[PDB]
Amino acid sequence: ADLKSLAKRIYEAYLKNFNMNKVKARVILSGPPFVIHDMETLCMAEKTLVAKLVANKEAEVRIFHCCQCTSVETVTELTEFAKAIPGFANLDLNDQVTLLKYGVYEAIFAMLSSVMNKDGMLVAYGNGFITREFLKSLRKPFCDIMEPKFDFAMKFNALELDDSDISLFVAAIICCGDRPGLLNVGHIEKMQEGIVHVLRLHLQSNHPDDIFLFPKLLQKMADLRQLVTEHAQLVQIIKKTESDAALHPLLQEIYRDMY
Amino acid sequence: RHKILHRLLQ
Ligand SMILES: CC[C@@H](Oc1cccc(CN(CCCOc2ccc(OC)cc2)c2nc3ccccc3o2)c1)C(=O)O
């Protein structure tokens, strides 16, 4: 097996399939995005960037809807990306579904880090920047959505990964053999072992300065599973208690029976 | 149980 070539293949699949990556994000964050820091600038950004949405419910529920729309888009990109991981498409369709069901929000929050800095995050395909303080200012429970993801991102970004690392990390998130309900655990474990081996060797080559980077990222995978469990609980509270905050059907299917 | 995912995956 050629593990350098496998790493390149997964990186190329990531560059093709994701509209946002860390290179693109950093170009934008380096200074154009419309800055959303208060209700006036939220409403202005909505009229330009999501006009049909405001052509109205509470601002918090509009933001929640925009968040979900981004997730739906990213799930679609993740499904196409997954098709490129060796062995993934040879799995039973039911196992492909299970792996994606549990893995997509761990991958979403990992990749979200690339558009975040300590002051805010890119939104709407890089055409908006919403401040972290504005999101904290929203009424409960909506102000509790993003802050844990910023906290994860600040530590994740301190690892100084590049897109070649992240592509492999996202592939390893998707190929977890301990998801509930898998049929062919043995084949998935071997697929995972192979991707994790590619990740290990890549980090050794690309980050010779950080000899613990691989176990740091194994821990981040475990942190992400916990972040997703907590996020799913918050989504359930919102769904149950906020009638205007409908869930998109693909996201309802993902969250249903997850944790 | 996941008709949209199933459809996206095909
Ligand atoms: C709420 C329920 C929803 O939770 C979340 C929680 C955190 C993050 C997301 C998805 N997300 C944030 C989009 C905000 O999108 C707007 C757009 C416009 C706007 O105002 C005009 C405000 C917010 C995102 N961004 C990404 C960028 C790169 C890679 C992956 C990315 O994932 C959904 C879920 O569970 O799906």
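In this entry the chain letters A, B, ... are assigned according to the order of the sequence lines. By the PDB entry numbering, chain A shows 201-231, 237-260, 265-468, in order. Here chain B follows the PDB entry for its numbers: 686-695, in order, are the residues you see. In listed order, ligands and their atoms are each counted from 1. Hydrogens, waters and symmetry mates play no part in the numbers below; they use all other heavy atoms, side chains included. Per deposition record, X-ray crystallography, 1.5 Å.
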Check: What's the drug at ligand 1?
Finding: pemafibrate
Item checked: Partner of pemafibrate with greatest heavy-atom contacts, name from the PDB entry -> Peroxisome proliferator-activated receptor alpha
Margin query: I'm mapping contacts for pemafibrate. Which other chains have a heavy atom under 4.0 Å?
Written below: A
Notebook entry, point to check: Got the closest protein heavy atom to atom 30 (C) of pemafibrate, with its distance?
Noted result: A/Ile317 O, 3.7 Å
Next item on the list: Using a strict 4.0 Å cut-off to heavy atoms of A/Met330, name the atoms of pemafibrate that fall inside it.
Entry: 12 (C)
Notebook entry, point to check: What UniProt domain of chain A accounts for the bulk of residues touching pemafibrate?
Noted result: NR LBD
Next item on the list: Could you check atom 21 (C) of pemafibrate against the protein and tell me its nearest heavy-atom contact, residue, atom and distance included?
Entry: A/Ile241 CD1, 3.9 Å
Next item on the list: Using a strict cut-off of 4.0 Å, indicate which atoms of pemafibrate neighbour a heavy atom of A/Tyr464.
Entry: 34 (C), 35 (O)
Checklist line | Best match, A/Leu321, A/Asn336, A/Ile339: closest heavy atom to atom 29 (C) of pemafibrate | finding: A/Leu321
Next item on the list: Give the atoms of pemafibrate, by number and element, whose distance to some non-hydrogen atom of A/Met355 is under 4.0 Å.
Entry: 7 (C)
Notebook entry, point to check: How close does the nearest protein non-hydrogen atom get to atom 33 (C) of pemafibrate, and which residue and atom is it?
Noted result: A/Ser280 OG, 3.2 Å
Check: So which of A/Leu287, A/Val324, A/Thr279 gets nearest to atom 13 (C) of pemafibrate, if we judge by its closest heavy atom?
Finding: A/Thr279
Notebook entry, point to check: Looking only at protein heavy atoms, which one is nearest to atom 34 (C) of pemafibrate, and how far off is it?
Noted result: A/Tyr314 OH, 3.3 Å
Notebook entry, point to check: A/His440 near pemafibrate, heavy-atom distance under 4.0 Å?
Noted result: yes
Next item on the list: Return yes when A/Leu460 approaches pemafibrate closer than 4.0 angstrom through a heavy atom, no otherwise.
Entry: yes
Notebook entry, point to check: What residue and atom, counting heavy atoms only, is the protein's closest point to atom 2 (C) of pemafibrate, and at what distance?
Noted result: A/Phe273 CE1, 3.7 Å
Item checked: Which of the pemafibrate atoms, numbered from 1, are nearer than 4.0 Å to a heavy atom of A/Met320 -> 29 (C)
Margin query: Just to check, does A/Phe318 reach to within less than 4.0 Å of pemafibrate when the distance is taken from its heavy atoms?
Written below: yes
Next item on the list: Give the numbers and elements of all pemafibrate atoms closer than 4.0 Å to a heavy atom of A/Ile354.
Entry: 6 (C)
Check: What part of A/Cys275, side chain, backbone, both or neither, has a heavy atom within less than 4.0 angstrom of pemafibrate?
Finding: both
Pemafibrate: which protein N/O atoms lie under 3.5 Å from its N/O atoms?
from	atom 1	to	atom 2	distance (Å)
pemafibrate	4 (O)	A/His440	NE2	3.3
pemafibrate	15 (O)	A/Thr279	OG1	3.1
pemafibrate	35 (O)	A/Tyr314	OH	3.3
pemafibrate	35 (O)	A/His440	NE2	2.7
pemafibrate	35 (O)	A/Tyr464	OH	2.7
pemafibrate	36 (O)	A/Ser280	OG	2.7
pemafibrate	36 (O)	A/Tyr314	OH	2.6

